[PDB]
Chemist: 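I have a structure I would like to understand better, so I am pasting it below and will then ask my questions one at a time.
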Amino acid sequence: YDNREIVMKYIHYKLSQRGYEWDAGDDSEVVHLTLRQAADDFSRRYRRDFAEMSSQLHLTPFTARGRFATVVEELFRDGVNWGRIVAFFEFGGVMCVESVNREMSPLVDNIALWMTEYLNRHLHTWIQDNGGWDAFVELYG
Ligand SMILES: CC1(C)CCC(CN2CCN(c3ccc(C(=O)NS(=O)(=O)c4ccc(NCC5CCOCC5)c([N+](=O)[O-])c4)c(Oc4cnc5[nH]ccc5c4)c3)CC2)=C(c2ccc(Cl)cc2)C1
């Protein structure tokens, strides 16, 4: 599977669903559909967390990378599982929405890059060794 495509299709779905434009996301698919529905379910179960995160990020172009790294380290500090990976995608979405809300749309390209590099380097071994995206689809698809 393709981590860049998974990130691109997720961020495009989340932003387009809420009326936000991301030019670079303008457009195997059972993975995208499964992640979409898992993420939407996560968002519904933890709306209060979705709301507190959006209201406190306080992004600027120079602090965006540090805010992303700080949250993602805390998310995986106790270990990785599929639910924390889904939460990682939803947090990336929140970062992208808040970037546009604060007139920093170019930051969406950076956030998508950071998310991809994170799957490619930090989370890669865990995802592969726990069955890859195919296991994720079999468990939650
Ligand atoms: C600084 C911070 C670190 C502070 C903390 C927080 C917020 N926290 C993050 C961690 N969190 C977690 C973590 C793990 C799990 C879990 O059970 N893990 S699990 O057992 O592996 C699994 C279990 C079920 C499914 N799927 C169900 C299917 C049912 C049928 O429909 C399809 C889906 C999956 N799965 O992967 O799909 C995997 C979980 O519970 C659930 C429950 N329901 C879920 N539905 C989808 C995912 C999911 C997880 C919730 C709780 C909220 C921060 C925060 C804030 C805002 C944003 Cl925006 C983000 C983060 C920041």
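Nothing fancy with the numbering, it's 1 onward along the sequence. Each ligand, and each atom within it, is numbered from 1 in the order the structure gives.
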Chemist: How do the PDB entries name the drug found at ligand 1?
Modeler: venetoclax
Chemist: Which chain forms the largest contact interface with venetoclax (ligand 1) when counted as heavy-atom pairs under 4.5 Å, and how does UniProt name it?
Modeler: Apoptosis regulator Bcl-2
Chemist: Residue-level breakdown please: for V94 versus venetoclax (ligand 1), do any non-hydrogen atoms fall below 4.0 Å on the side chain, on the backbone, on both, or on neither?
Modeler: side chain
Chemist: With heavy-atom distances below 4.0 Å as the criterion, list the atoms of venetoclax (ligand 1) near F91.
Modeler: 58 (Cl), 59 (C)
Chemist: What atoms of venetoclax (ligand 1) come closer than 4.0 angstrom to any heavy atom of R45?
Modeler: 42 (C), 43 (N)
Chemist: Could you tell me which atoms of venetoclax (ligand 1), counted from 1 in the order shown, lie closer than 4.0 angstrom to a heavy atom of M53?
Modeler: 55 (C), 56 (C), 61 (C)
Chemist: Considering distance alone, does some N or O of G83 sit under 3.5 Å from an N or O of venetoclax (ligand 1)?
Modeler: yes
Chemist: Using a 4.0 Å heavy-atom cut-off, say whether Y46 meets venetoclax (ligand 1) through its side chain, its backbone, both or neither.
Modeler: side chain
Chemist: Between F88 and venetoclax (ligand 1), which part of the residue brings a heavy atom under 4.0 Å of the ligand: side chain, backbone, both or neither?
Modeler: neither
Chemist: What atoms of venetoclax (ligand 1) come closer than 4.0 angstrom to any heavy atom of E90?
Modeler: 58 (Cl)
Chemist: I need the atoms of venetoclax (ligand 1) closer than 4.0 Å to a non-hydrogen atom of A87, numbered in the order shown.
Modeler: 59 (C)
Chemist: Evaluate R84 for polar contact with venetoclax (ligand 1), using N/O atom pairs at a separation under 3.5 Å.
Modeler: no
Chemist: Write out the residues of other chains lying under 4.0 Å from venetoclax (ligand 1), heavy atoms counted.
Modeler: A38, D41, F42, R45, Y46, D49, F50, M53, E74, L75, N81, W82, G83, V86, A87, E90, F91, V94, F136, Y140
Chemist: Give me the pairs of N or O atoms, one from venetoclax (ligand 1) and one from the protein, that sit under 3.5 Å apart.
Modeler:
from                  : atom 1 : to  : atom 2 : distance (Å)
venetoclax (ligand 1) : 21 (O) : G83 : N      : 3.0
venetoclax (ligand 1) : 36 (O) : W82 : O      : 3.4
venetoclax (ligand 1) : 45 (N) : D41 : OD2    : 2.9

